Amino acid sequence: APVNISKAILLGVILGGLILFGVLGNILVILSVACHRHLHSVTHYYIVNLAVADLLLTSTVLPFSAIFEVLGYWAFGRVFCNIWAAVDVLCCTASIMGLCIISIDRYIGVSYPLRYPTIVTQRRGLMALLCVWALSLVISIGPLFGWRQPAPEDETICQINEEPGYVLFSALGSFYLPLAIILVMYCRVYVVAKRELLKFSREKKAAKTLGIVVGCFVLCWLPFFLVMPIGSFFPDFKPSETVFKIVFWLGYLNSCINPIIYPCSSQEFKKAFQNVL
Ligand SMILES: COc1cc2nc(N3CCN(C(=O)[C@@H]4COc5ccccc5O4)CC3)nc(N)c2cc1OC
């Protein structure tokens, strides 16, 4: 259907700029971790895992959301709508468990600096990464593909499951449980760092950087997981759908915010970014 030109063009341009910045940042993070040989570690492997997750979030789901916004309605196939929702959930739920294992690794490193290489070894790190990716896949496409509501008869409609039975499970298994794990691990990290040398300081600095990243992610994605379950469990059903869109976009903004954090909070990452550009 016809829509605005100037406003739509401006909105599309700004959104495209956002995706371009996010993709550039994630690619920069991946290249900085990979090409450099002094940035190899299980923590940096988890960092590139998060970079891949939010790069997928910025490269496929984000452009589709931007195009939907510009058009005002769904234009692609219904199968494409389902795959779009599934990829959105998969990326936003794999990032959270990536942060969970990053928090576990940072707790191990802060608590046991000297013995850190003997606990979180390369093999164990990759095993944990693969387990996280598999569990994120399962949690993402279980409630959706498994318990799927009757399909709408309109090809132009691409909505979100509003049934409480799905929103409760998705919020619990995607945000609230991994979030609780992350808070437990970082409260432990904070207490251990404060109560507690050349390697301990490095672990503390990495923990601070990844804690900033985790805080940004949680702040960005909290409004959505607070408004969706509330909307389903209360007479108010996502009031001001505009605000519902704003909370999704704020959540997506973390995908672009994250690459800024690594240089601005880790001088090693700043040097790597400077010398890779
Ligand atoms: C991990 O976080 C999750 C993300 C999810 N994402 C989707 N999407 C994203 C895109 N999308 C929209 O409807 C959005 C929002 O609503 C709209 C309303 C009117 C106009 C446009 C709108 O754009 C369709 C599919 N679906 C789910 N079930 C999700 C579940 C999750 O777990 C709790």
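Sequence positions for chain A are given in the PDB entry numbering; the residues included correspond to 19-214, 261-341, in order. Both ligands and their constituent atoms are indexed starting at 1 by order of listing. Header says: electron microscopy, 3.0 Å.
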Open item on the list: Just wondering, what drug is modeled at ligand 1?
Closed with: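 The drug is doxazosin.
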- [ ] Look up in UniProt the name of the chain making most contacts with doxazosin.
- [x]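 The chief partner is Alpha-1A adrenergic receptor.
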Open item on the list: Hey, could you tell me which residues sit within 4.0 Å of doxazosin? Heavy atoms only, please.
Closed with: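 Going by non-hydrogen atoms, it's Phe86, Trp102, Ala103, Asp106, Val107, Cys110, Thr111, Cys176, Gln177, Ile178, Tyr184, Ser188, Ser192, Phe288, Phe289, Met292, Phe308, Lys309, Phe312, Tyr316.
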Open item on the list: Would you mind checking whether the entry has doxazosin attached by a covalent bond, and to what residue and atom?
Closed with: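 The deposited model shows no covalent tie.
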Open item on the list: Quick one: UniProt TM segments of chain A, counted from the N terminus, with any heavy atom closer than 4.0 Å to doxazosin?
Closed with: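 By UniProt's count, heavy atoms that close sit in segments 2, 3, 5, 6, 7.
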